[PDB]
Asks: 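In this model we see BI 2536 bound to Bromodomain-containing protein 3.
Here chain A follows the PDB entry for its numbers: 304-416, in order, are the residues you see. Each ligand, and each atom within it, is numbered from 1 in the order the structure gives. The way this entry was determined, per its header, is X-ray crystallography, 1.5 Å.
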Amino acid sequence: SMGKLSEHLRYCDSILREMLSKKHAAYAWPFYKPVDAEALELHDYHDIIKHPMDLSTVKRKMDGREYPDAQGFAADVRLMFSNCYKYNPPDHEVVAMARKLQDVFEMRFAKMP
Ligand SMILES: CC[C@@H]1C(=O)N(C)c2cnc(Nc3ccc(C(=O)NC4CCN(C)CC4)cc3OC)nc2N1C1CCCC1
């Protein structure tokens, strides 16, 4: 009722709900919550990744309407993927998992009306 920007943000809300849903859990689960570098014994993670990002943080910010437009939302989602590509060996399973989830994200985002 408030126009294209309101509709875009609601569509992005729906993308996020799908990425968090059981449908994609085989590959999305490493991205549900912030990386716990202490628990994973990754003593270099925060030295390499300066801006951690994950789906629960995107959800908090999106629910608080902290993204001014859909491009702001997309930047944080893509930052999450980019962190995974930057930190891990390129042939690691987690990179393939990030790419499977990004395939979903980019497909849905491309079809935003
Ligand atoms: C932060 C680096 C990278 C990344 O980018 N993200 C996003 C990530 C997000 N979440 C996780 N989470 C878990 C990852 C592995 C395990 C696990 O159970 N590993 C077993 C432990 C015993 N044995 C060695 C066999 C394997 C549990 C996890 O959550 C509790 N891992 C992530 N990885 C991986 C971390 C090391 C390789 C890559």
Asks: Map the residues of chain A that contact BI 2536 to UniProt domains and give the domain with the most.
Replies: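 In chain A, it is the UniProt domain Bromo 2.
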Asks: Which atoms of BI 2536 are found less than 4.0 Å from any heavy atom of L345?
Replies: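 In order of number, 1 (C), 2 (C), 35 (C).
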Asks: Tell me the protein heavy atom at minimum distance from atom 33 (N) of BI 2536, and give that distance in Å.
Replies: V397 CG2, 3.9 Å
Asks: Could you list which atoms of BI 2536 come closer than 4.0 Å to a heavy atom of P333?
Replies: 7 (C), 9 (C), 10 (N)
Asks: Tell me whether atom 23 (N) of BI 2536 lies less than 4.0 Å from at least one protein heavy-atom position.
Replies: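 No, there is no protein heavy atom closer to it than 4.0 Å.
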Asks: So, for atom 11 (C) of BI 2536, does the protein have a heavy atom nearer than 4.0 Å?
Replies: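 Protein heavy atom within 4.0 Å of atom 11 (C) of BI 2536: present.
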Asks: Check whether any N or O atom of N391, backbone or side chain, sits under 3.5 Å from an N or O atom of BI 2536, and answer yes or no.
Replies: yes
Asks: Return yes when at least one protein heavy atom is under 4.0 Å from atom 5 (O) of BI 2536, and no when none is.
Replies: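 Yes, because at least one protein heavy atom sits under 4.0 Å from atom 5 (O) of BI 2536.
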Asks: Can you confirm whether something in the protein, heavy atoms only, sits under 4.0 Å from atom 1 (C) of BI 2536?
Replies: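 For atom 1 (C) of BI 2536 the answer is yes, since some protein heavy atom falls inside 4.0 Å.
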Asks: Which atoms from BI 2536 have a heavy atom of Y390 less than 4.0 Å away?
Replies: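 Heavy-atom distances to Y390 below 4.0 Å select 2 (C).
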Asks: Within a distance under 4.0 Å of any heavy atom of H395, pick out the atoms of BI 2536 and give their elements.
Replies: 37 (C), 38 (C)
Asks: In the PDB record, what organism appears as the source of chain A?
Replies: Homo sapiens
Asks: Considering only heavy atoms, does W332 approach BI 2536 within less than 4.0 Å through its side chain, its backbone, both, or neither?
Replies: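 The side chain, only.
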Asks: Side chain, backbone, both or neither: which part of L343 comes within less than 4.0 Å of BI 2536 when only heavy atoms are counted?
Replies: side chain
Asks: Which nucleotides or residues of neighbouring chains are within 4.0 Å of BI 2536 (non-hydrogen atoms)?
Replies: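 The heavy-atom binding site is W332, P333, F334, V338, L343, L345, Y348, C387, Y390, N391, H395, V397.
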Asks: Dump the pairs for me: BI 2536 N or O, protein N or O, distance under 3.5 Å, to 0.1 Å.
Replies:
from    : atom 1 : to   : atom 2 : distance (Å)
BI 2536 : 5 (O)  : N391 : ND2    : 2.9

